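Read the sequence lines top to bottom; their chains are A, B, and onward. The numbers used for chain A are those of the PDB entry, and the residues that appear cover 9-24, in sequence. The numbering of chain B matches the PDB entry: 233-308, in order. The PDB entry numbering applies to chain C: residues 25-319, 410-432, in that order. The numbering of chain D matches the PDB entry: 6-104, in order. Contacts here are counted within a displayed part of the entry, not across the full deposit. Read the numbers this way: they start at 1 and go in the same order the structure lists the ligands and their atoms.
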Amino acid sequence: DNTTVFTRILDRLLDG
Amino acid sequence: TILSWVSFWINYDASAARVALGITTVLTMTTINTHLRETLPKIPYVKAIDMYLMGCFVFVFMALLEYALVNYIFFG
Amino acid sequence: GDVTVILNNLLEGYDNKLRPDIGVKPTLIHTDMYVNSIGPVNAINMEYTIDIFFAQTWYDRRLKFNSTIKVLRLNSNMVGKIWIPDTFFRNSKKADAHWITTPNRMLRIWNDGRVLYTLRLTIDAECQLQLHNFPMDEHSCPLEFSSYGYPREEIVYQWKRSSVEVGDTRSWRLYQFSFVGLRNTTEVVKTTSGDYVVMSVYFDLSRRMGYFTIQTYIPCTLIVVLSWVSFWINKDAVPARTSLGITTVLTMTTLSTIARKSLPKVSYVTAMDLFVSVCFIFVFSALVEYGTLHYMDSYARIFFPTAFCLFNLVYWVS
Amino acid sequence: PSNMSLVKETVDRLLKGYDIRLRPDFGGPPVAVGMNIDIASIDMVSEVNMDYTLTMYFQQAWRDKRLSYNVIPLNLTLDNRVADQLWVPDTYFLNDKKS
Ligand SMILES: *[C@@H]1O[C@H](CO)[C@@H](O[C@@H]2O[C@H](CO)[C@@H](O[C@@H]3O[C@H](CO[C@H]4O[C@H](CO)[C@@H](O)[C@H](O[C@H]5O[C@H](CO)[C@@H](O)[C@H](O)[C@@H]5O)[C@@H]4O)[C@@H](O)[C@H](O[C@H]4O[C@H](CO)[C@@H](O)[C@H](O)[C@@H]4O[C@H]4O[C@H](CO)[C@@H](O)[C@H](O)[C@@H]4O)[C@@H]3O)[C@H](O)[C@H]2NC(C)=O)[C@H](O)[C@H]1NC(C)=O
Ligand SMILES: *[C@@H]1O[C@H](CO)[C@@H](O[C@@H]2O[C@H](CO)[C@@H](O[C@@H]3O[C@H](CO[C@H]4O[C@H](CO)[C@@H](O)[C@H](O)[C@@H]4O)[C@@H](O)[C@H](O[C@H]4O[C@H](CO)[C@@H](O)[C@H](O)[C@@H]4O)[C@@H]3O)[C@H](O)[C@H]2NC(C)=O)[C@H](O)[C@H]1NC(C)=O
Ligand SMILES: *[C@@H]1O[C@H](CO)[C@@H](O[C@@H]2O[C@H](CO)[C@@H](O[C@@H]3O[C@H](CO)[C@@H](O)[C@H](O)[C@@H]3O)[C@H](O)[C@H]2NC(C)=O)[C@H](O)[C@H]1NC(C)=O
Ligand SMILES: CC(=O)[C@H]1CC[C@H]2[C@@H]3CC[C@H]4C[C@H](O)CC[C@]4(C)[C@H]3CC[C@]12C
Ligand SMILES: Cc1ccc(-c2nc3ccc(C)cn3c2CC(=O)N(C)C)cc1
Ligand SMILES: *[C@@H]1O[C@H](CO)[C@@H](O)[C@H](O)[C@H]1NC(C)=O
Ligand SMILES: CCCCCCCCCCCC
Ligand SMILES: CCCCCCCCCCCC
Ligand SMILES: CCCCCCCC
Ligand SMILES: CCCCCCCC
Ligand SMILES: CCCCCCCC
Ligand SMILES: CCCCCCCC
Ligand SMILES: CCCCCCCC
Ligand SMILES: CCCCCCCC
């Protein structure tokens, strides 16, 4: 859960 | 260097002998130095092997110049 | 077809990352080899090349199928789809499989679960040659291999009945040595990651000295005879005697240098080094014999050949 | 066959939802990566190239809470290819010229 935030940040970055 | 000294026991009136012996000895010293240095990299300073080879070269060259000195004292 | 469905069923729900019987029992692997050729033995670099057809078989309950088809004979395509043991060679400086035209791999799957997996390899194995006596050195060059990560409790190796299917030795690139035989061992080595079963093949190689005789020994004996002939030359010929002696000893130094160049950089005197040293003694002694003569000849004319022959007998018999 | 299925489920659960990009404890304290070396050979120390060739079993261990399992009482040694799916330290040797 602690690392999930940065995972979502990276996924949002690479999206589109 | 040891066989360079046998020139000293040879007769003084043997220029063709002592000169040839000293020349062969000094040229072989040069060849050995160059062969050793070729294996090593192009290193710009004297190493311990370099300084020992140079000392022995000075010794054999001194023996050759010793015969030269004897010849110039007798004939010249 | 009837075979494609079998492969699809086999690979369906197949975890490639898990070894067979993980957490149940160690996976027994039977390894066999066909030594196609023992390549050049690089005594200078303490390594030798060997080309092998390395085969390993094991049972995988996941890869079992019942049908009229008895075996699934497949190319390298299916090698990466199923679990293959991580067999590495412990003493290989550099090894590479063959890929031309396609990867040189074979894979056969029986009904019971046998998975015969073979591939062609060119291993530059590391043989720790001990050339204390050269060029008469005899070496038992090993070839170890074990699982890299699976301990003794997870991957066990074993030798099949056929020890090693060594090929015909006529075509081998082994010029220096002669292949005497092969011997296998299986021992449990302990290391930091665990206990690993290691299987080693020792190939016994015996050196041949014919090239070294015509290369080093014969020239040194001939130059020693050149040192000998100085005695028969008249003593009054000072330049002739001195020239012969100096040419002999200096070319002896050059021959010693090249002969040592043939050897690696090791700090111990070898048999060839002993022979060249004795030749040094002989040529230098002849030069000193004329040096003391100018400042006896018949005694040298006998002693030098007899001493050389006696030393030759003593040296060669050893 | 129970152990095989349980291990497959455990490994699949571990690898599922795993981000290789983020290091362990990302946005937190540094991860302690212990290192162990077992030198197997020093092939040649050449002065011409001013270099030495060294062969070793370079081992490193670190704690990753994402890869923690407790259902099975044993240590899972996996295929080497799983290293391509797990975060590993970006260790490098500043001296190496060809490795
Ligand atoms: C640092 O960078 C270097 C490169 O700068 C990386 O090295 C490269 O790594 C890649 C990926 O691991 C290698 O690609 C693989 O090559 C396989 C065959 O390689 C042979 O040919 C190449 C030339 O193309 C040679 O350079 C190789 O020789 C060198 O490598 C070997 C070790 O592999 C050494 O031992 C040698 O001494 C050389 O150093 C080889 O001769 C190729 O088969 C493979 O492709 C298969 O696997 C992939 C996996 O995804 C599949 O997608 C693909 O379809 C193939 O799968 C088929 O074939 C296999 C064969 O068994 C079957 O099992 C499958 O089922 C399927 O049928 C892959 O392409 C590359 O060779 C290598 N070297 C280079 C580029 O020079 C380092 O990895 C990298 N990291 C580190 C830590 O160093
Ligand atoms: C999965 O992998 C882990 C780690 O690799 C294994 O855990 C190791 O199990 C072995 C089995 O015995 C342990 O070995 C011994 O453990 C004893 C317990 O000491 C604990 O407590 C002290 C307290 O300070 C800790 O320092 C220590 O690390 C342990 O946590 C030790 O007392 C032993 O010490 C000496 O034992 C023999 C005696 O002859 C010596 O030869 C040894 O060299 C050593 O000096 C010994 O260490 C080991 O400690 C465990 N390590 C860890 C990290 O847990 C699991 O067993 C493995 N799972 C499997 C195999 O299923
Ligand atoms: C290569 O390795 C294999 C396996 O380690 C060696 O074969 C094994 O040799 C031993 C001793 O010769 C065999 O044990 C003996 O078997 C005979 C016949 O059954 C029996 O009468 C004896 O009492 C003893 O048990 C062993 O069976 C055999 N392995 C197999 C699978 O048959 C082989 O010798 C090695 N090659 C070498 C060293 O060159
Ligand atoms: C009188 C005498 O003893 C003679 C004997 C041998 C002579 C030397 C030979 C090498 C010469 C090289 C160059 O020609 C410079 C002078 C040089 C060093 C000479 C100096 C005088 C010497 C010592
Ligand atoms: C233990 C073992 C035995 C034989 C093989 C093997 N499989 C093949 C397939 C094809 C070709 C050409 C050669 N193969 C060879 C090697 C061989 O038998 N030679 C060279 C006579 C592999 C492992
Ligand atoms: C394969 O089928 C045969 C006959 O249907 C059966 O006897 C055998 O047990 C089967 N093997 C399996 C399911 O592994
Ligand atoms: C720069 C170092 C000098 C190298 C030559 C050394 C020669 C000294 C020995 C002479 C003995 C007579
Ligand atoms: C002078 C003759 C030199 C060669 C002698 C060889 C003797 C045979 C040795 C064979 C090994 C025992
Ligand atoms: C740099 C020291 C040289 C010493 C030369 C000795 C006499 C030729
Ligand atoms: C060493 C060279 C100078 C002295 C030579 C002998 C007297 C002329
Ligand atoms: C093979 C080198 C030695 C040959 C014997 C010579 C004896 C005079
Ligand atoms: C090489 C052998 C011939 C010399 C012997 C005869 C001289 C007395
Ligand atoms: C120091 C080299 C040998 C000298 C011998 C000369 C004759 C007694
Ligand atoms: C006077 C000595 C004669 C030498 C006989 C041959 C020795 C090889």
State which drug is located at ligand 5.
-> zolpidem
Identity of drug at ligand 4, options brexanolone, tegaserod, vortioxetine, azapropazone | brexanolone
Largest contact partner of zolpidem in terms of the PDB entry | Gamma-aminobutyric acid receptor subunit gamma-2
Which other polymer chains sit within a heavy-atom distance below 4.0 Å of zolpidem?
-> C
Protein heavy atom at shortest distance from atom 4 (C) of zolpidem = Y58(C) CB, 4.1 Å
Numbered atoms of zolpidem (with element) below 4.0 Å of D56(C), judged on heavy atoms = 1 (C)
Entry-listed organism of chain C | Mus musculus
Run the numbers for me: atoms of zolpidem, each under 4.0 Å from some heavy atom of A79(C), listed by number.
-> 1 (C), 23 (C)
Heavy atom of the protein closest to atom 11 (C) of zolpidem (residue, atom name, distance) = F77(C) CE2, 4.5 Å
What residue and atom does the deposited model show forming a covalent bond with zolpidem?
-> none
Which transmembrane segments, numbered from the N terminus as in UniProt, of chain C have a heavy atom under 4.0 Å from zolpidem?
-> none
Atom 23 (C) of zolpidem touched by protein heavy atom at under 4.0 Å = yes
Is atom 20 (C) of zolpidem less than 4.0 angstrom from at least one protein heavy atom?
-> yes
Show which residues surround zolpidem within 4.0 Å on heavy-atom distance.
-> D56(C), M57(C), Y58(C), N60(C), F77(C), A79(C)
